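The structure to be discussed contains ZSTK474.
For reference, positions follow the sequence shown, starting with 1. The figures that follow rest on heavy atoms only: side chains count, while hydrogens, waters and symmetry mates do not. So this one's X-ray crystallography, 2.0 Å, going by the header. Every number for a ligand or one of its atoms is a count from 1 in the order of the listing.
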Amino acid sequence: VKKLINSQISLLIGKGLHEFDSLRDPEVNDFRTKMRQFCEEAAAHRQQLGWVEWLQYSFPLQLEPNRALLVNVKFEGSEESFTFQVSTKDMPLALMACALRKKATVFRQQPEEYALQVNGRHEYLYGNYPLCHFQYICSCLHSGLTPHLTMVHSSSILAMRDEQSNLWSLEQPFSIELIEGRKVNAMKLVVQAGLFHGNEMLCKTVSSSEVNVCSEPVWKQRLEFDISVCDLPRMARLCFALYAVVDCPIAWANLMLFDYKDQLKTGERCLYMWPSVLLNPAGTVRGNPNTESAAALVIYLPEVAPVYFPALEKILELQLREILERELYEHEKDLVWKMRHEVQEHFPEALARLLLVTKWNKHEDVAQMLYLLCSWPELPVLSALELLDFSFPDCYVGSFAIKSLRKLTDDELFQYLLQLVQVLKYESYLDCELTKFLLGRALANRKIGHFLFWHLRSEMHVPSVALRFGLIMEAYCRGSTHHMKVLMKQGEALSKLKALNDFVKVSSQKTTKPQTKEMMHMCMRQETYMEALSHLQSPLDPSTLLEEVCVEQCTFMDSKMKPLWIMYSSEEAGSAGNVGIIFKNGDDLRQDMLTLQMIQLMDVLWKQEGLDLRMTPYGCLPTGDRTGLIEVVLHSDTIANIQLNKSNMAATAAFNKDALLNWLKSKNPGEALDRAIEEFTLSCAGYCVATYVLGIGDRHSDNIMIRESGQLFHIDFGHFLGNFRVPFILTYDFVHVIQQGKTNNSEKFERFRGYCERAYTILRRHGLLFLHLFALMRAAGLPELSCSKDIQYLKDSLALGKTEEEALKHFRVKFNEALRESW
Ligand SMILES: FC(F)c1nc2ccccc2n1-c1nc(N2CCOCC2)nc(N2CCOCC2)n1
């Protein structure tokens, strides 16, 4: 069995475990054994959890950030169901009391023994919360639907639990010998080397001698650095660039000067370099795994004595501030450092600014900073996120930052998971506090575990992270054997969708769409495909169950990559078991995921201030190499499709401007139309503010969709942050709907401007949260989130320098400009 598990892990993570063994690497070997132990302890703990605690782990509650209501309740193993009237303010317990009282009268005769499952989903209602605080009930109220729930007894939950078991002395200048290279080029070669602590140089860079593009180049020269060996900070990295000149970059390579056991490195090293686009301090400190073809540098680290970095106990041994403390001059820097005790004492949240003023290239000053740091009070989550930036390379700072993030709720962690995973790319060593933090949290919440897995799995085709990410996924698997098998099922479904999508691509260039679609259906109806594609948890949302694939309703779309549109149904889920996914292969989905996650965050922040813009936060999840899934919002269509203005159709208009309004009218007869116009106005405000703030341009009728409820949302975000200064967009046909069809309607239109202003001003108040998250996202390597000007785009769009009064006036001008332009 131990053999079988290992083969399953290798298959799941997309990398053979034997490959880790073959590295003969102590750091890898250490990581694997420590993390495996940690993860196995988490699993022991989980297996004895109380049944409510188990539910909390497996099906974490889905909550929103007086009225009558009908609810249908059945018991687990029964056809018989009952419809009860309850209040939105009632607790699930009261509901469960009704259900049991009804059961006992039927059967002729305790609520705390039960939880309520949402029919056909892995989602439960339990706890001390009014029904309307549950996302599901809340959702049912707005769409107008009846909640369907199933009474599940504690013994049944426990069966699920059960089925799922498993030094200071060295004053000589730092120096290296550059020995030789092995490489490709057209000119002379040079090696530039710098010593970095994060983004900051610890001293000047020092260049190599120019040697002809001949060879197999052979330097054999001492490069000496303008820094003492005792002043190298613990997280010092040495960064190289190999290039050509008569500039033409060739390659780069980084390494930590100390190893994962804190020992200073000696002597010779062979550096397999990464091909270029000159110094790249934020680039990985691990060699290029393509040793067959990568250019290679050999250096020698001279034996300076073995010295390990000094222990903490040894480290420990060794006005107008406010008016500025809200980029700084050197004298301003000097007062901050001078008054570092006051900073700790009366301005602890200004820790980052103090860290940025310490001289990381002098060990006495670092020991000073560290001394303060070790008694520094915990900071809020917002402050802690800033400290995860690459600007804060020191391990003690890193550790402090994680310590401060431990108070993150699961809902917050989930919201910031994408960025936390991306920060892993900044890590210097395999065994680190972030990895342990993410793994423990993942093992204590299955939803965390699910998305941690997919974020890591979706980048296994990236050589620079394959090893790190592979190792973490292995560790995770040791910690939950059952969930590994659930995840393997999803991977099997994704393997099949790829093969099917490849077929569809080929067929679409040879025959008519009707013919390709029929062939797609025959392929899907093969036993191997019916079995692979049915009965899985959605990678988009593990609480959504994808039961039986409805082949007859599957198709594909006409765009370049021919994305697949896959529908599912489930008898048990009734009608909320009718769900769709899109499989897309050929495009990088990371940018779309980021854009949707930031819009979802806006929706959270708006709702926390009592502003519900009726947004549509659907899933998007990269799963592999230019591969991933998109959640289908049903009962929606594109603005362009609605505006095709076909004859012999409900929405038949005298003027194209009336097409959308007419469409809305046909889906929302009578009284209902007014609320639909309201849903459209609210969502339109939300999306107009979001796409402006994030600089999403190229918005048109083919990438804007509308729900039959009136709710508008966006699809296919190819660009953001003004990378293909985007204006605020007001579209005429939308303004026409907002104005209820009327040419003049300032009452409705100005209500809509109010919504826009209220949404925009709320985001500004959280501007720093967006900034810190985008900062962390720079680790991802998206070409549209690659430098400062990308970030500056967000600063400008949020007008963060300005007072709220100025910001709003500025916004009002952009909005008014948008309205003029509206024809
Ligand atoms: F290529 C398209 F699949 C596509 N790429 C997307 C990237 C991010 C988000 C959504 C994306 N979609 C997408 N997403 C969707 N969704 C996803 C949201 O629910 C409605 C259906 N539909 C489409 N199309 C249907 C109508 O006309 C154009 C294609 N396309």
Worksheet item: Which ligand or chain identifiers match ZSTK474, all copies included?
Response: ligand 1
Practice prompt. Give, per the PDB entry, the macromolecule that holds ZSTK474 with the most contacts.
Written response: phosphatidylinositol-4,5-bisphosphate 3-kinase catalytic subunit delta isoform
Fill in: Heavy-atom shell of 4.0 Å around ZSTK474
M557, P563, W565, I582, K584, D592, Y618, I630, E631, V632, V633, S636, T638, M705, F713, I715, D716
Worksheet item: Which of the atoms in ZSTK474, numbered in the order shown and given with their element, are less than 4.0 Å from a heavy-atom of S636?
Response: 20 (C)
Worksheet item: Under 4.0 Å from any heavy atom of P563, which atoms of ZSTK474 are there?
Response: 1 (F), 3 (F)
Worksheet entry | Nearest-neighbour protein heavy atom for atom 18 (C) of ZSTK474, which is reported as residue plus atom name and distance | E631 O, 3.3 Å
Discussion item. Checking a contact table here: which protein heavy atom is nearest atom 12 (N) of ZSTK474, and how many Å away?
Written reply: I630 CD1, 4.0 Å
Worksheet item: If you count the atoms of ZSTK474 from 1 in the order shown, which ones are under 4.0 Å from a heavy atom of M557?
Response: 3 (F), 23 (C), 24 (N), 25 (C), 29 (C), 30 (N)
Worksheet entry | For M705, the ZSTK474 atoms whose distance to one of its heavy atoms is below 4.0 Å | 20 (C)
Item to complete: Identify, by atom number and element, the atoms of ZSTK474 in contact range of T638, meaning under 4.0 Å from any of its heavy atoms.
Response: 26 (C), 27 (O)
Worksheet item: Looking at atom 4 (C) of ZSTK474, what's its closest protein heavy atom, distance included?
Response: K584 NZ, 4.0 Å
Discussion item. Can you name the atoms of ZSTK474, numbered from 1 with element, that are less than 4.0 Å from a heavy atom of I582?
Written reply: 14 (N), 15 (C), 16 (N), 22 (N)
Worksheet item: Just which atoms of ZSTK474 are under 4.0 Å from any heavy atom in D592?
Response: 7 (C), 8 (C)
Worksheet entry | Sub-4.0 Å atoms of ZSTK474 with respect to non-hydrogen atoms of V632 | 19 (O)
